[PDB]
K.L.:
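Here you can see ethosuximide bound to Cereblon isoform 4.
Throughout, residue positions are numbered sequentially from 1 according to the sequence presented. Counting convention: from 1, in listed order, for ligands and their atoms alike. Just so it is clear, the values below take in all heavy atoms, side chains as well, and ignore hydrogens, waters and symmetry mates.
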Amino acid sequence: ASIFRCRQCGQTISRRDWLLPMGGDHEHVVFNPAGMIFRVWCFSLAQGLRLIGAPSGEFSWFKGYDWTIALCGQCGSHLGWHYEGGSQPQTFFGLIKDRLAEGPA
Ligand SMILES: CC[C@@]1(C)CC(=O)NC1=O
Ligand SMILES: [Zn+2]
């Protein structure tokens with residue numbers, strides 16, 4: 001169990017080696033304004049996504065970062081957000097843990 005695939009279609013997305021402990025922890029449990037709870041795992045890098053629209057700072061869970069919605073590039077499933085415009089690191093991915101499947105490389 002070392003790579004993460006899209007749970008809906010199997011697209012390769014990220015790797016356990018790429019987990020990023022933001023604020024001391026790779027896991028952040030957060031809510032959006034519609035009250036949905038997300039268990040977000042932070043990754044330094046991802047692939048196989050499609051980033052939609054232009055970045056926005058509104059309601060950002062991570063201070064100094066602007067977000068863009070990240071869909072699975074294959075099936076369109078909403079897998080998380082790409083973060084940018086911040087510092088150390090400038091960018092990273094916050095991916096929804098229960099929307100990924102973990103398994104061998
Ligand atoms: C509304 C945008 C999202 C869902 C993404 C974020 O970082 N904060 C949020 O609540
Ligand atoms: Zn997919």
K.L.:
Which components of the model should be assigned to ethosuximide?
P.N.:
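Check ligand 1.
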K.L.:
Which residues would you count as binding ethosuximide, with heavy atoms within 4.0 Å?
P.N.:
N32, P33, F59, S60, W61, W67, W81, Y83
K.L.:
Output yes when the distance from some N or O of ethosuximide to some N or O of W67 is under 3.5 Å, and no in every other case.
P.N.:
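Between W67 and ethosuximide, no N or O pair is found under 3.5 Å apart.
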K.L.:
Give the residue, atom name and distance (to 0.1 Å) of the protein heavy atom nearest atom 8 (N) of ethosuximide.
P.N.:
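Its nearest protein heavy-atom neighbour is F59 O, 2.7 Å.
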K.L.:
Look at atom 7 (O) of ethosuximide and say which protein heavy atom is nearest, naming residue and atom and giving the distance to 0.1 Å.
P.N.:
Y83 OH, 2.8 Å
K.L.:
Can an N or O of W61 be found at a distance shorter than 3.5 Å from an N or O of ethosuximide?
P.N.:
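Checking ethosuximide against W61, an N or O pair does fall under 3.5 Å apart.
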K.L.:
Taking N or O atoms only and a 3.5 Å limit, does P33 qualify as a polar contact for ethosuximide?
P.N.:
no
K.L.:
What does the PDB entry report as the organism for chain A?
P.N.:
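The entry lists the organism as Magnetospirillum gryphiswaldense.
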K.L.:
Which ethosuximide atoms does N32 reach within 4.0 Å, using its non-hydrogen atoms?
P.N.:
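Listed by number with element, the hits are 4 (C), 10 (O).
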K.L.:
Quick check on ethosuximide: any N or O pairs to the protein under 3.5 Å? One line per pair.
P.N.:
residue, atom, partner, partner atom, Å
ethosuximide, 7 (O), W61, N, 3.1
ethosuximide, 7 (O), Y83, OH, 2.8
ethosuximide, 8 (N), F59, O, 2.7

